[PDB]
Enquirer: 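Please see the structure below; I have some questions.
Chain lettering follows the listing: the opening sequence line is A, and each later line takes the next letter. Quick note: numbers on chain A are straight from the PDB entry, i.e. 1-16, in order. Numbering, chain B: per the PDB entry, residues 1-16 in sequence. Structure determined by solid-state NMR. Modified residues are rendered as parent or X, with their additional atoms omitted from contacts.
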There are 2 protein chains.
Amino acid sequence: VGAXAXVXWXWXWXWX
Amino acid sequence: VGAXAXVXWXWXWXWX
């Protein structure tokens, strides 16, 4: 949960 | 996977 790759802000799922 | 809370760099599991 956070920034980077996975879920959150950044890349992957959630907000880009 | 990344920075923030969860697994990676930052808080939670992995590297602090």
Enquirer: What is the name of the drug located at chain A?
Expert: gramicidin
Enquirer: Can you tell me the name the entry gives chain A?
Expert: gramicidin A
